[PDB]
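Next structure: contains darunavir.
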2 protein chains.
Amino acid sequence: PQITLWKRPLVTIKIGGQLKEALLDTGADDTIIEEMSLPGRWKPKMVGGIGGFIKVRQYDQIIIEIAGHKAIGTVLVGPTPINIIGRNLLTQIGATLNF
Amino acid sequence: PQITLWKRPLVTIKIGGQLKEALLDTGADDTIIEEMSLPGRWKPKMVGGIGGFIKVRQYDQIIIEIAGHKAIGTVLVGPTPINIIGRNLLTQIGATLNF
Ligand SMILES: CC(C)CN(C[C@@H](O)[C@@H](Cc1ccccc1)NC(=O)O[C@H]1CO[C@H]2OCC[C@H]21)S(=O)(=O)c1ccc(N)cc1
Ligand SMILES: CC(C)CN(C[C@@H](O)[C@H](Cc1ccccc1)NC(=O)O[C@H]1CO[C@H]2OCC[C@H]21)S(=O)(=O)c1ccc(N)cc1
């Protein structure tokens, strides 16, 4: 698709059997969601934002569908105020910013 | 242009007559710039992101050139670690996400 930005660019995502949605965020290096069901063991990691730094749970090799495109990569679980798809996965679905 | 997302999508901006650079951020509702002087009366606001809230000054109807394209709109000024162009100005230059 070609998505305009008059509202937040939210898309469906699917991980395992869970359908969620998330914000396509070109300002995010990393993908972060609030919860992922039965994800297994994780590794601690720190991530920084506008307000300071947060501890997250890092899961690698996650298979995720984004807007009907398959991606595989690192998904962080942490106290983000909204699920975000960051550039580590946006590149895999071939998203670009255009103007 | 078409911007791929293998690195942060930073572009040149011009604001207050000064050349700066800023992140094109589809995940940001509003534009936030580091400390600088702007014209007009401002209003106090708070903005929330990862890791918490920050206090900003809101200035309205500010001209900003974004990679050669003129935009006019709301600009928040405050202790962000990076200049961010949010959707409020991305929409004025017709920026879209494509995949
Ligand atoms: C964009 C910033 C300037 C915002 N200011 C916030 C303020 O806490 C900081 C913002 C600040 C601080 C330093 C450098 C840049 C910005 N301090 C400041 O302006 O200086 C005063 C604080 O102690 C002293 O330092 C010099 C005189 C005093 S503010 O206009 O007073 C304001 C306060 C509350 C909200 N919600 C929104 C804005
Ligand atoms: C978290 C999003 C819902 C909102 N944020 C925009 C987002 O693009 C920020 C924009 C950003 C970018 C750099 C530093 C601070 C904020 N990126 C971010 O927090 O990414 C974090 C996860 O990946 C990491 O890569 C960047 C830091 C990590 S935000 O900066 O807090 C913000 C919130 C409201 C407005 N008006 C403007 C910006």
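By convention in this document, chain letters (A, B, ...) are assigned in the order of the sequence lines, proteins followed by strands, and residues within each chain are numbered from 1. Counting starts at 1 for both ligands and their atoms, in listed order. Both backbone and side-chain heavy atoms feed into the values below; hydrogens, waters and symmetry mates do not.
Looking only at contacts, the largest set of contacts to darunavir (ligand 2) comes from what the PDB entry names Protease. For darunavir (ligand 2), the other chains with a heavy atom below 4.0 Å are labelled A, B. Darunavir (ligand 2) places these atoms under 4.0 Å from at least one heavy atom of A/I50: 15 (C), 16 (C), 30 (O), 31 (O). Counting the atoms of darunavir (ligand 2) from 1 in the order shown, those under 4.0 Å from a heavy atom of A/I32 are 22 (C).
Of all protein heavy atoms, the one closest to atom 35 (C) of darunavir (ligand 2) is B/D30 O, 3.6 Å. Near A/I82, with a cut-off below 4.0 Å to any heavy atom, the atoms of darunavir (ligand 2) are 3 (C). Taking atom 33 (C) of darunavir (ligand 2) as the reference point, the nearest protein heavy-atom neighbour is B/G48 O, 3.5 Å.
Darunavir (ligand 2) places these atoms under 4.0 Å from at least one heavy atom of A/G49: 15 (C), 19 (O).
Taking any N or O of A/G27, backbone or side chain, at least one lies under 3.5 Å from an N or O belonging to darunavir (ligand 2). Counting the atoms of darunavir (ligand 2) from 1 in the order shown, those under 4.0 Å from a heavy atom of B/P81 are 14 (C), 15 (C).
Nearest protein heavy-atom neighbour of atom 10 (C) of darunavir (ligand 2): B/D25 OD2, 3.2 Å. Around darunavir (ligand 2), within 4.0 Å by heavy-atom distance, are found A/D25, A/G27, A/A28, A/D29, A/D30, A/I32, A/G48, A/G49, A/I50, A/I82, B/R8, B/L23, B/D25, B/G27, B/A28, B/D30, B/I32, B/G48, B/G49, B/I50, B/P81, B/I82, B/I84.
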